[PDB]
Protein chains: 2
Amino acid sequence: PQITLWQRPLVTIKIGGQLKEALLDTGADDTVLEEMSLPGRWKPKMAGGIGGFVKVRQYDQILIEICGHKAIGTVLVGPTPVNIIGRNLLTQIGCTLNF
Amino acid sequence: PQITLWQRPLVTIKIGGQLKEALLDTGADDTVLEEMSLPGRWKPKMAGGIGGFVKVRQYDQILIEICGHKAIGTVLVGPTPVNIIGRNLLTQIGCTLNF
Ligand SMILES: Cc1cccc(C)c1OCC(=O)N[C@@H](Cc1ccccc1)[C@@H](O)C[C@H](Cc1ccccc1)NC(=O)[C@H](C(C)C)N1CCCNC1=O
């Protein structure tokens, strides 16, 4: 789909059996999700945004379906105000910017 | 241009007679620039990211040229680690996401 930017580019994802809304985010290197129930092992990590740092859990090779396109990769889980799909996954669904 | 997302989507901007590099950022409502010399009047404001909140200065109707496309709008100025072009300007240069 082509997505214009008059509203937040929010898409429906399926991750770990659950349905969520997430922001397609070209200004995010990584993918950050709200506190959620994920299976597997992790490594403590800190994500750094505007205004400072959040402690996150890092899960590798997690399956996600973003607007019906499958991607496998790293997902961060922690106290983000909004679910963020970052460029690590955007590249996998063939996502481009166009102007 | 079409921009893939294997690297940060950094473009050259001209703002207030100066040249800078900024991130085309679909996950940003607003445009935030590092501390810089801007002319005019302002209003104190707080921008809120992943780590909490930064105090910024809000300037209205500021001309920016982003990859050679002029846009006029609100620019926020403050202690961001990266220059961010938000959807408020991205819509003016006809920027879309495509997958
Ligand atoms: C950079 C990065 C590296 C690794 C992993 C991750 C998730 C990374 O990205 C984290 C990040 O905050 N990226 C920002 C841009 C970024 C990259 C590098 C350094 C600093 C920032 C931006 O794209 C997303 C983030 C989302 C958000 C946060 C809080 C509330 C609402 C939305 N959006 C915002 O902060 C914007 C700002 C820029 C005007 N924002 C805040 C006011 C409300 N609305 C809004 O749109």
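The first sequence line is chain A, the next is chain B, and the lettering continues from there. Residues displayed in chain A correspond, in order, to the PDB entry positions 1-99. Note that chain B carries the PDB entry numbering, so the residues on display, from first to last, are 1-99. Going by what the header records, the deposited coordinates were determined by X-ray crystallography, 2.3 Å. In each ligand, atom 1 is the first atom listed, and ligand 1 is the first ligand listed.
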Hey, which drug is sitting at ligand 1? lopinavir
For lopinavir, which chain wins on contact count (greatest number of heavy-atom pairs under 4.5 Å), named per the PDB entry? HIV-1 Protease
Mind listing the other chains that have a non-hydrogen atom under 4.0 Å from lopinavir? A, B
Lopinavir binding site (4.0 Å, heavy atoms): A:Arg8, A:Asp25, A:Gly27, A:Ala28, A:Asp29, A:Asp30, A:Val32, A:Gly49, A:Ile50, A:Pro81, A:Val82, B:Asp25, B:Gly27, B:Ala28, B:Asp29, B:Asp30, B:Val32, B:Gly48, B:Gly49, B:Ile50, B:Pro81, B:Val82, B:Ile84
Around atom 3 (C) of lopinavir, find the nearest protein heavy atom and jot down its residue, atom name and distance. A:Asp29 OD2, 3.4 Å
For atom 35 (O) of lopinavir, which protein heavy atom lies nearest, and how many Å away is it? B:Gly49 CA, 3.3 Å
Measure from atom 29 (C) of lopinavir to the protein's non-hydrogen atoms and state whether any distance is below 4.0 Å. yes
Starting from atom 4 (C) of lopinavir, locate the nearest protein heavy atom and write down its residue, its atom name and how far away it is, to 0.1 Å. A:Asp30 OD2, 2.9 Å
Numbering as shown, the atoms of lopinavir that approach A:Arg8 to under 4.0 Å (heavy-atom distance): 44 (N)
Considering non-hydrogen atoms of the protein only, which is the closest contact for atom 24 (C) of lopinavir, and what is the distance? A:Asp25 OD2, 3.1 Å
Closest protein heavy atom to atom 33 (N) of lopinavir, given as residue, atom name and distance to 0.1 Å: B:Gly27 O, 2.9 Å
Can you list the atoms of lopinavir that are under 4.0 Å from a heavy atom of B:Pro81? 19 (C), 20 (C)
Nearest to atom 40 (N) of lopinavir, what protein heavy atom do you find, and at what distance? B:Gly48 O, 3.9 Å
Starting from atom 18 (C) of lopinavir, locate the nearest protein heavy atom and write down its residue, its atom name and how far away it is, to 0.1 Å. B:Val82 CG2, 3.6 Å
Proximal atoms of lopinavir relative to A:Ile50 (non-hydrogen, under 4.0 Å): 20 (C), 21 (C), 38 (C)
Recorded source of chain B in the PDB: Human immunodeficiency virus type 1
Suppose we measure from atom 7 (C) of lopinavir to each protein heavy atom; which comes out shortest, and what is that distance? A:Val32 CG2, 3.0 Å
